[PDB]
Amino acid sequence: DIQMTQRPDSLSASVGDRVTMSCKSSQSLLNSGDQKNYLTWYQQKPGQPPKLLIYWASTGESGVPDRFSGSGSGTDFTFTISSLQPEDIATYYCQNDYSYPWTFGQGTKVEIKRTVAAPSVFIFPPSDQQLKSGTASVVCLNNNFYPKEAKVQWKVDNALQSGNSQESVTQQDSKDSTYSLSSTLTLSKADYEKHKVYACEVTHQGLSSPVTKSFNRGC
Amino acid sequence: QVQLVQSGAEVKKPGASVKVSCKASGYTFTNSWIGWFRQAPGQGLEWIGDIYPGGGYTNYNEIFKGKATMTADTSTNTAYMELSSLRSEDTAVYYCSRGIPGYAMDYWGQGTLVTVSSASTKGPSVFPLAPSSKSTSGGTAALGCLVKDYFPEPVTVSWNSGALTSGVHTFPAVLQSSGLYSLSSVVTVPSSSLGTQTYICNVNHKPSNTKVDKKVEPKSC
């Protein structure tokens, strides 16, 4: 079969930057009959299907931005974004369309670097509906920050917690190139009712000192 | 206008079979190839095969020969991919796509996550994350839904039936010790209009046929 190899696996660039990436095939994708190079480029964002950008190596799919272009021939191909826009963050895949079986490269993930932005921090007590069920989840939200490395710690009555929380961070935002993060502290209703102050403490590169959001149970 | 609509995510036991469907519209079904692909995270994209519904001709990737079967029903313009003898490694998002002869595969469907596991499906509990004085920032307010304890993935969340998209963040699910998943979805809105607007998170967990629409409002203390 034809092996496709993309480089780099990922890159970071600033809005406005020219970005290029490479796709190499183990065998030529040049069709001697019609002189087309049967290579296709797709763009894929997290949770979405691949979107066709370029086929026959250099033919743009209708509606694709002028800033995208494919080039190359034989076994060596390039995809270029002339001026990187915020919505262009994605993983870009090349595909052998020349001969069955169709095969794909492992993608180049394009990420954006932008100015530091501190998180906006919010906290949500458990709902009374959840409490009826015997469990209490406290949620801490960190909105629209950059870079992605935010650190959250949970304190209950000023005691640092361990082992009872989970968090996840979003993909990078396609408009403002930030990240958001949600952390959940989960306790039995019984433990929740034994303590008063619930706090989430956040450190981030954009903050000189920690930022804390808290509430008193039943206030 | 060209649209490919896939069937919902499912859990399947090892050894079972699954038949994913792909309903086509907006073009002449017998005149284009349907391509099938799958994707596991970290492991990229794999071609399964293609089928030309005007005749039913199929090409398979040798790695899927004998395990995958593509068919197409031209009376309902629906293509199907059946995968047999399911193993854990077949856990993946399966896609269909449409390809005019001579051209590339386009108009990919939304994907169907098939999870191969012995564990039974479990629908989520959905709880509000009410806006409050602890979720405000300079005239905006954050609010959300917590979607707890479901299996397998995925859960989808929209707000106000898709009419509210700006300022929404739906977070990747986390794995609990129990093997169940949870996720949250939040949105930032104007504080000025919390009294007149209505915010509803629409949660769908297709593997368990669960749909929940939860109204999220400020709560009296």
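Each chain gets a letter, A, B and so on, in the order its sequence line appears, and its residues count up from 1. Looks like X-ray crystallography, 1.5 Å, at least that's what the header says.
According to the PDB, the drug at chains A and B is KD-247. The name recorded in the entry for chain A is Fab light chain. Per the PDB, the name on chain B reads Fab heavy chain.
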